[PDB]
Visitor: 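Provided herewith is a single structure, encoded as structure tokens, for subsequent inquiry.
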Protein chains: 2
Amino acid sequence: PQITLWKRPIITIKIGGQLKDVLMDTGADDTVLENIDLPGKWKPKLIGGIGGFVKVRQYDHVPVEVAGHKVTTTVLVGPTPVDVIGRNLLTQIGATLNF
Amino acid sequence: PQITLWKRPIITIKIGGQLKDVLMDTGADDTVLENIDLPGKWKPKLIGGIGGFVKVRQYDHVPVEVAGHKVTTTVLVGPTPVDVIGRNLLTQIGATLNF
Ligand SMILES: CC(C)CN(C[C@@H](O)[C@H](Cc1ccccc1)NC(=O)O[C@H]1CCOC1)S(=O)(=O)c1ccc(N)cc1
């Protein structure tokens, strides 16, 4: 699809078997959600946001389905006001910003 | 133009007689810039992100030029570590996401 930006660009994806509404965020290097149930171990990651740097959990090789594509990707879990999918995943689905 | 997202989409904008490099950010509701002195009255606003709330000044009808288009736009000014243009300005220049 070609999405205009008058509204927030929210899509529904599947992650670790659960449907989650996520904001498509070109200004985010990474994909981060608050308090989703993902199995297995993780490693600490420090990410920078507008308010400073925040520690999150990093989960690798997570199966996700986005706009019809089934991929595995890195997913961060931590105290974000918005669940976002960032360029790491947007690149996996071939997304572009056009103007 | 069509921009893939493997790189951060950084464009220059002219504003307040200066040239600034800004991230084209579909995740930001509104443009926010750190180091800039804009003239006239403004209203205080809080914006929410990773790392909590950030206090900004909202300036309205600011002349800017971006991607070759001159418009007036809302600009938030406050201590972001990364300057971004948000959906308010991306819509003024007809930017879309495509996947
Ligand atoms: C939905 C969110 C997170 C909104 N922000 C936009 C995001 O694009 C934000 C842009 C940014 C990049 C680098 C450092 C600082 C900020 N990236 C971000 O946090 O990336 C993290 C999360 C995962 O990857 C890394 S915002 O900056 O809080 C914001 C909020 C309101 C306005 N009007 C403008 C900006």
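Every chain is numbered from 1 and lettered A, B, ... according to where its sequence line falls, protein lines coming before strand lines. Atom set for the values below is all heavy atoms of this structure, side chains included, hydrogens, waters and symmetry mates excluded. First listed ligand is number 1; within each ligand, the first listed atom is number 1. According to its header, this structure was worked out by X-ray crystallography, 1.8 Å.
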Visitor: Out of interest, what does the PDB call the drug at ligand 1?
Guide: amprenavir
Visitor: For amprenavir (ligand 1), which chain gives the most heavy-atom pairs within 4.5 Å, and what name does the PDB entry use for it?
Guide: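 Its main partner is HIV-1 protease.
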Visitor: I'm curious which other chains sit close to amprenavir (ligand 1), say any heavy atom under 4.0 Å. Can you tell me?
Guide: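 Counting heavy atoms only, the chains are A, B.
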Visitor: So, at a heavy-atom cut-off of 4.0 Å, what does the binding site of amprenavir (ligand 1) look like in terms of residues?
Guide: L23(A), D25(A), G27(A), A28(A), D29(A), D30(A), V32(A), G48(A), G49(A), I50(A), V82(A), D25(B), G27(B), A28(B), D29(B), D30(B), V32(B), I47(B), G48(B), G49(B), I50(B), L76(B), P81(B), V82(B)
Visitor: Please could you name the atoms of amprenavir (ligand 1) that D29(A) approaches to less than 4.0 Å, counting only its heavy atoms?
Guide: 24 (O), 25 (C)
Visitor: Got the closest protein heavy atom to atom 14 (C) of amprenavir (ligand 1), with its distance?
Guide: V82(B) CG2, 3.6 Å
Visitor: Write out the residue and atom name of the closest protein heavy atom to atom 30 (C) of amprenavir (ligand 1), then the distance separating them to 0.1 Å.
Guide: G48(B) O, 3.5 Å
Visitor: Pull out every atom of amprenavir (ligand 1) sitting under 4.0 Å from any heavy atom of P81(B), numbered as shown with elements.
Guide: 14 (C), 15 (C)
Visitor: What residue and heavy atom of the protein are closest to atom 16 (C) of amprenavir (ligand 1), and at what distance?
Guide: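 Result for atom 16 (C) of amprenavir (ligand 1): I50(A) N, 3.7 Å.
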Visitor: Which residue owns the protein heavy atom closest to atom 17 (N) of amprenavir (ligand 1), what's the atom, and how far is it?
Guide: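 The answer is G27(A) O, 3.0 Å.
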Visitor: For atom 35 (C) of amprenavir (ligand 1), find the nearest protein heavy atom and state the residue, atom name and distance (0.1 Å precision).
Guide: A28(B) CB, 3.6 Å
Visitor: Is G49(A) in polar range of amprenavir (ligand 1), meaning some N or O pair under 3.5 Å apart?
Guide: no
Visitor: Can you list the amprenavir (ligand 1) atoms lying under 4.0 Å from a non-hydrogen atom of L23(A)?
Guide: 1 (C)
Visitor: Based purely on interatomic distance, does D25(B) place a nitrogen or oxygen under 3.5 Å from a nitrogen or oxygen of amprenavir (ligand 1)?
Guide: yes
Visitor: Is there a polar contact between amprenavir (ligand 1) and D30(B), counting only N or O atoms under 3.5 Å apart?
Guide: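 Yes, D30(B) has an N/O under 3.5 Å of an N/O on amprenavir (ligand 1).
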Visitor: Quick one: look up the protein heavy atom nearest atom 31 (C) of amprenavir (ligand 1) and list residue, atom name and how far away it is.
Guide: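 Minimum-distance protein heavy atom for atom 31 (C) of amprenavir (ligand 1) reads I47(B) CB, 3.9 Å.
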Visitor: Output the list of atoms in amprenavir (ligand 1) that are nearer than 4.0 Å to some heavy atom of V32(B), sorted by atom number.
Guide: 34 (C)
Visitor: Provide the covalent bond partner for amprenavir (ligand 1): one residue and one atom, or none.
Guide: none
